[PDB]
Protein chains: 2
Amino acid sequence: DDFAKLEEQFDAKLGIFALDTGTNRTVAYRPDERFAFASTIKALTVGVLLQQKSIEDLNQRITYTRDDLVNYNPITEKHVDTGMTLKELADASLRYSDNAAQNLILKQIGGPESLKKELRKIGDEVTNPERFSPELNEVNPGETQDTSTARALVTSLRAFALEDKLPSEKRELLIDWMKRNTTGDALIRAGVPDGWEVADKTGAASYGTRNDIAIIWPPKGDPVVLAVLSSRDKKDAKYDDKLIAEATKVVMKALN
Amino acid sequence: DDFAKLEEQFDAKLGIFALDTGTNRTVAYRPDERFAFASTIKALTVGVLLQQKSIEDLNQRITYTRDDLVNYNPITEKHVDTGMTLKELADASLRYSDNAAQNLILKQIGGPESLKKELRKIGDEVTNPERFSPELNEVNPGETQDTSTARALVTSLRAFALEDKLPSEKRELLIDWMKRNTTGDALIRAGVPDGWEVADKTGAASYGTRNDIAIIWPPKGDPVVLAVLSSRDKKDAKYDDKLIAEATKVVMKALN
Ligand SMILES: *C(=O)[C@@H]([C@@H]1N=C(C(=O)O)[C@@H](S[C@@H]2CN[C@H](C(=O)N(C)C)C2)[C@@H]1C)[C@@H](C)O
Ligand SMILES: *C(=O)[C@@H]([C@@H]1N=C(C(=O)O)[C@@H](S[C@@H]2CN[C@H](C(=O)N(C)C)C2)[C@@H]1C)[C@@H](C)O
């Protein structure tokens, strides 16, 4: 098995689940193993923002200071003086993984416990949002706060992006943002041929956790939804993006 | 001088122009020397496309056939059967240097002769569009068809991307496609300090011509607009991407 081999090669533990929505074929490898979701949660978080706001409501302007800024604020740091609309915060959070943007959105939806409630409402009993960004990244093995599984992230991302947890114009915003992600070139995108459209959201945390979740549109045929998660046994361990890229090529082989 | 030393190391001719939009300082080395523009023209071509369409017009679906495919078609070869929208064609052209994408876009704006006339209209009396792709890359020394200069490409790229040849929303589309280019990692991007954002478009053509034009954003402050062009004296000469990267570093020192 190629997935076992990857784990061997990169001294890491993989979580994989992929679903071909056209065939209902799946590819699983530790699909129900828990991993820190890290910033992949940003995607489900915007899912819930969109469900709870009209499109026009995303034009509301959010004011903030350097106190609402945290460790990684690539877009938010530019706009302290003017603020940002919810729409521009969605963009920043999904496409640059802006942590402060995530916290600001999370506050608009009522916080982690309110995100959790909303995910339970759409059918996800697995994903456990507990903390703000960045501290959600600090997860020790055995703990369950701020964790999910490859199976559940796929199911939940599909529910918002492709099914009926959102109306079509809102699913379109979500997919556009995710399609135009900037943080993912060496991950799922590097394990798919060019001209296969990918919408993804990356994550990284402690214990060398390195995640990517995606919807992949092959040139014709229905989309594949895919989570590829990984983690290692030392708290301060490095991850290797190539593992996600290689895993991704294995999934596509197995599905075709 | 460092630029001469790069010319000597790489046995090539360099064309450099950079402009610091903050201070109006410039860095020039053979700024008015002509080079084949190659696929850098794609950026300017989208600038015109954007100027002549509403953003919503970009969703017009273009149907095309396999005759429209040329030598290098990474995205467009996957969608002969469905076609692609103008928006999707712009993305393919800019982020993958898709040649067929560029030729379809060129046909939508009326062809190279029409593109040239739109460039004259924004003030560019230098850039000489004449052929479709890839034939545009066959330029012998002393010839002027499909050539420009480092100064002109910088001037024209600024005009569309930063000044008033487009309204802000279309500038934003242009800038985002170029920020997310997949073809430029070993060029200007390699000579810029980490975490400065870069929008770029690359090119290569006969006589070992190797090009990259870009906009570079210091973390705070106004952007730098940059062209780094090169060529060599044999028709079938190889280029070296490291030339462009090293020239870029020199540009950055001379501006800091
Ligand atoms: C996400 O998991 C965390 C923030 N979002 C990120 C991302 O998904 O890219 C991280 S990733 C980590 C930081 N360094 C690596 C890198 O390639 N960069 C320099 C961006 C990846 C980012 C801190 C969030 C939980 O903090
Ligand atoms: C334009 O310059 C040509 C197309 N655009 C390119 C690019 O910018 O990437 C070229 S150049 C060259 C061929 N191999 C190099 C490479 O490393 N790859 C991207 C695979 C780039 C591409 C053919 C057009 C004029 O043909």
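One letter per chain, A onward, in the order of the sequence lines. The PDB entry numbering applies to chain A: residues 31-57, 59-83, 86-238, 240-252, 254-291, in that order. In order, the residues displayed for chain B correspond to 31-57, 59-83, 86-238, 240-252, 254-291 in the PDB entry numbering, which applies throughout. Order of listing sets the numbers, starting from 1, for every ligand and every atom in it. Method on record in the header is X-ray crystallography, 2.3 Å.
Taking the chain with most contacts, the partner of ligand 1 here is, per UniProt, Small exopenicillinase.
According to the PDB, the drug located at ligand 1 is meropenem (bound form). Within the structure, the other chains placing a heavy atom under 4.0 Å from meropenem (bound form, ligand 1) are, by letter, A. Site of meropenem (bound form, ligand 1) with heavy atoms closer than 4.0 Å: A:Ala69, A:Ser70, A:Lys73, A:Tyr105, A:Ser130, A:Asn132, A:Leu169, A:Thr216, A:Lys234, A:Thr235, A:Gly236, A:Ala237, A:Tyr274.
Here is the list of meropenem (bound form, ligand 1) atoms found below 4.0 Å of a heavy atom in A:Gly236: 2 (O), 8 (O). Some N or O of A:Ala237 is nearer than 3.5 Å to an N or O of meropenem (bound form, ligand 1), by distance alone.
For A:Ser130, a nitrogen or oxygen atom sits less than 3.5 Å from a nitrogen or oxygen atom of meropenem (bound form, ligand 1), counting backbone and side chain alike. Residue and atom in covalent linkage with meropenem (bound form, ligand 1): A:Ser70 OG.
Those atoms of meropenem (bound form, ligand 1) with a heavy atom of A:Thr235 less than 4.0 angstrom away are 7 (C), 8 (O), 9 (O). Relative to meropenem (bound form, ligand 1), the closest UniProt active-site residue in chain A and its heavy-atom distance to 1 Å are A:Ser70, 2 Å. Each of the following atoms of meropenem (bound form, ligand 1) lies closer than 4.0 Å to a heavy atom of A:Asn132: 4 (C), 24 (C), 26 (O). Among the atoms of A:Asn170, none of the N or O lies under 3.5 angstrom from an N or O of meropenem (bound form, ligand 1). When the UniProt substrate-binding residues of chain A are filtered for a heavy atom under 4.0 Å from meropenem (bound form, ligand 1), what remains is A:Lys234, A:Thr235, A:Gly236. Atoms of meropenem (bound form, ligand 1) found under 4.0 Å from any heavy atom of A:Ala69, numbered from 1 in the order shown, are 2 (O).
There is a protein heavy atom closer than 4.0 angstrom to atom 1 (C) of meropenem (bound form, ligand 1).
Per-atom contact check: atom 15 (C) of meropenem (bound form, ligand 1) touches the protein, criterion being a heavy-atom distance below 4.0 Å. In this structure, atom 18 (N) of meropenem (bound form, ligand 1) has its sub-4.0 angstrom surroundings free of protein heavy atoms.
The N/O atoms of A:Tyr105, backbone and side chain alike, include none that comes under 3.5 Å of an N/O atom in meropenem (bound form, ligand 1). According to the deposit, the organism of chain A is Bacillus licheniformis. From the protein, the heavy atom lying nearest to atom 3 (C) of meropenem (bound form, ligand 1) is A:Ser70 OG, 2.7 Å.
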For each nitrogen or oxygen atom of meropenem (bound form, ligand 1), which protein N/O atoms lie closer than 3.5 Å, and how far apart are they, rounded to 0.1 Å?
from: meropenem (bound form, ligand 1); atom 1: 2 (O); to: A:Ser70; atom 2: N; distance (Å): 3.0
from: meropenem (bound form, ligand 1); atom 1: 2 (O); to: A:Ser70; atom 2: OG; distance (Å): 2.5
from: meropenem (bound form, ligand 1); atom 1: 2 (O); to: A:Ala237; atom 2: N; distance (Å): 2.8
from: meropenem (bound form, ligand 1); atom 1: 2 (O); to: A:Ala237; atom 2: O; distance (Å): 3.2
from: meropenem (bound form, ligand 1); atom 1: 5 (N); to: A:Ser70; atom 2: OG; distance (Å): 3.1
from: meropenem (bound form, ligand 1); atom 1: 5 (N); to: A:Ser130; atom 2: OG; distance (Å): 2.4
from: meropenem (bound form, ligand 1); atom 1: 8 (O); to: A:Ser130; atom 2: OG; distance (Å): 3.3
from: meropenem (bound form, ligand 1); atom 1: 8 (O); to: A:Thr235; atom 2: O; distance (Å): 3.3
from: meropenem (bound form, ligand 1); atom 1: 8 (O); to: A:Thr235; atom 2: OG1; distance (Å): 2.7
from: meropenem (bound form, ligand 1); atom 1: 26 (O); to: A:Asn132; atom 2: ND2; distance (Å): 2.8

